[PDB]
Amino acid sequence: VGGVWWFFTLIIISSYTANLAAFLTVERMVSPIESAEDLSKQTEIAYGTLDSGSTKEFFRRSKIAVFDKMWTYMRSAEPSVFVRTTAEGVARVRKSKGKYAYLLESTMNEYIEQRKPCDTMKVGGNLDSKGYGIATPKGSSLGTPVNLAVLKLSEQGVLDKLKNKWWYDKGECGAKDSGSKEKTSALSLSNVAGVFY
Amino acid sequence: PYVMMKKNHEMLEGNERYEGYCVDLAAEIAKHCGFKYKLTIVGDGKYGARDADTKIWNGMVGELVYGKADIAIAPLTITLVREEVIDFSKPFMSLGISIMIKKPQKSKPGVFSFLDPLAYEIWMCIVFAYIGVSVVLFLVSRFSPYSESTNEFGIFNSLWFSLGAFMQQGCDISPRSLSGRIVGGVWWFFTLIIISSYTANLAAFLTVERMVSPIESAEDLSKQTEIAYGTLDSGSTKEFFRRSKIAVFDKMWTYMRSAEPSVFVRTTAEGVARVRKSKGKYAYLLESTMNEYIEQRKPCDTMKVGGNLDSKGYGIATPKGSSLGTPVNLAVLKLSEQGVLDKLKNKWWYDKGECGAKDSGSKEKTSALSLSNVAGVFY
Amino acid sequence: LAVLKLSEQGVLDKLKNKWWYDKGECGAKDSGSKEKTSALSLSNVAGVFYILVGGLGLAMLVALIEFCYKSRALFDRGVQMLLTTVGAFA
Amino acid sequence: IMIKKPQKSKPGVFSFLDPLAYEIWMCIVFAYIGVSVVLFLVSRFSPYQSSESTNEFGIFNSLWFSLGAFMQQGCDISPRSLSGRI
Amino acid sequence: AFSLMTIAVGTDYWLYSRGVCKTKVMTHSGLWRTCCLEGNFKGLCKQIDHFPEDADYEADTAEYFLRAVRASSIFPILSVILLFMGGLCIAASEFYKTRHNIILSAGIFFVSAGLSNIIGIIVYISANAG
Amino acid sequence: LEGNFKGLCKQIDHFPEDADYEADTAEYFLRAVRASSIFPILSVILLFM
Ligand SMILES: NS(=O)(=O)c1cc2c(cc1Cl)N[C@H]([C@H]1C[C@H]3C=C[C@@H]1C3)NS2(=O)=O
């Protein structure tokens, strides 16, 4: 019995030693806590949408069962999810220490993330689909000539390159510049204070 | 999965015979517009195109050019030469060029995977040294008379002492003679190296399995060529990399030109199994919704990585100047604001699946050692 | 004048590195840049077994010469005191 | 210069001691000999007959205490005096 | 033990590995006569050799020691001899009955038969690096 | 310190009045023990008693 219990502790404590090296050597970014479906499954994390927006109008006119739960919970947060301005919706995520998310348009979701204070991320795909369109008057003789040039812009890859300049190179620090930064420290006193406790 | 044959192709006629993604849309577009519709596949088997040698049109666009068809509800990509002779609505789905590869070989380790960082042919010599040492530690401490009763090292004690040294807790009875401690020293330095190399090589497994990074982008695909990547031979994708301005795609089209084997395949379905016969050593590049079809189908093994490398669309086509142009375009947008198309989408990509979507997700829940990774020690 | 026009535009260099490196049918970074693990092989730690088996031959031979020593059978304060004089001066 | 592609290695018989340099191993032995002699010199002080034979650290035992501490398997003997335990 | 020792030396299926029968395939690997089975010529054999790739023998200062010990085996062979001599000392219990050294003399060979047998397993495997 | 307004002391609000912090139950328990330093106060009690 003492022989079998020894080889037990030879493996268990060494497996503790080897993996605790691996957490400190390769300290990756934490995996996405919230995906598209899973944030509905977090009530311990919050989520919100605009006060007066057609994106708010989407969830009230949705019959989709996961989206039904989203409209069901957004009535049940005190204070409300309904921030009247997007700059408050930008700032509410920042000061919440990660408990609050804000569901808004993917263009504004990108451009805030590519600015100072470098302090958010954009995870998951889009919930619905929409598009921005060049608006011409009905019967205006540019309108059928115009959208042929838009197809001409996209087929050369220009409309990529116009946006890829404007959101990347006119942006900054981002989240893509963070991955290579590996620094390991001495263990601080807070890290194994629980052993002392 | 757009329009396919129903197995009840004998008992029914035409509209009732063919089903799928576009057919549900076809009854729905004709519902919000109110026109009698009639389904007919073109027998030429051609996407709409034009040739320079004949100056003739063909296929679904061609019959719209040549007056035969009346509307085109089909997976028809919106390009410039098709805009030239017929129309489109707003595009009813968005898609792009994606990358297909089989899922990595994620299996659970065996119950004997705690024994893994030392090879199996070492553990026989570890036991044979343990048998080899403990008998010698018996002999040296007991073959000499000079009385012989004072020692405590029997054959069973010398195992129990040596088994204590290897497990590093150590037993009570220590060797006291001169040559009896020479054997006791070396087995201590034996188990100092072997156990510490076990602790280090176990750290070699858990770290490198955290170091390996899969493909999440074109840049992570560009920076490794030990896994090959190629495209279909004659399609939208192959010409797409030719005229590419961007330096990210520019290196790939040079690389896909500068590979000695055939990175070009003949068809889509052959490109599916060719990744399955490469086993994490080849990636295939095709349209994303077609790629999202395959990674929902048996054997649930392929997967789409990264995002859309471009953005194209499928659109309903009317003849240019026909009377259906605005009311179809009024109906396609009406389905999007109602959100019907999402139900029309998520139906046929999942009910034809049988595979579980979003099964992988993240790897944070397996950050520590699970039970089954070391459950064999409990066994 | 065209040669200068080529090398300024990197046309020579893209012609070169394609035709030397990319058309090369192996890689210095295709095969060297892979990371794989190995369990320890017996050839990796064969030395610790050699000292051990070598130790047990030395553990027995010391025991056997002491066996004929104590069967077939140093304390004098002066003459090793001379050996203390010899060694410490040495 | 065209040399052959380097054959990678075979790890040597004496390559278990490879992470620590040729300097540091003899400095361990020179620390091994140093600490083991000194505790013998300490334990053969403090008599208060068997007063100088009180504690059981012979010169061969003081090697065996300093060897067992290095291999992490502890032995039966343990210092009793204050300057012995330091 | 000595019977299975002499069987193990003069037998030829120490390993089943992928290797050639002959320079112009699954091997029936032996220590002296490394044979091959299930081939085109099923049943013919080959003697062991220490140099498949031809280079300097003395180069790594243990590569000289490792190669020569394996093919010219003595550690599985001194396993045989010392186990053979000790077994005759088992018969020597009756010749000079109660000498009170003889049974001690036999077991020294048997323990040394174990020490020779284990190192010969090691140099077998360590030379089979590939 | 190291400014010409040295010698001006302030009652520290350890958890501040207006800050970007929302403390967890492992830390709001901690920072209350940090702010109301009961354990140095318990040192004052247990030496004197
Ligand atoms: N989810 S999806 O890809 O089937 C999908 C795709 C698309 C939808 C709606 C859905 Cl549900 N509507 C948009 C429409 C909204 C406006 C912008 C483009 C058209 C007009 N087209 S789309 O971007 O091609």
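Chain letters run A, B, ... following the sequence lines, proteins first, then strands; residues in each count from 1. This entry, so its header tells us, was determined using electron microscopy, 4.5 Å. Counting starts at 1 for both ligands and their atoms, in listed order. Shown: partial entry. Contacts: counted within the shown part.
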- Task: Give the name, as used in UniProt, of the chain with the most heavy-atom contacts to ligand 1.
- Result: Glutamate receptor 2
- Item | Drug or drug candidate at ligand 1 | cyclothiazide
- Query: Which other chains are in heavy-atom contact with cyclothiazide at under 4.0 Å?
  - Reply: A, B
- Message: Would you mind telling me which transmembrane segments of chain B have a non-hydrogen atom under 4.0 Å from cyclothiazide? Number them from the N terminus as in UniProt.
- Response: none
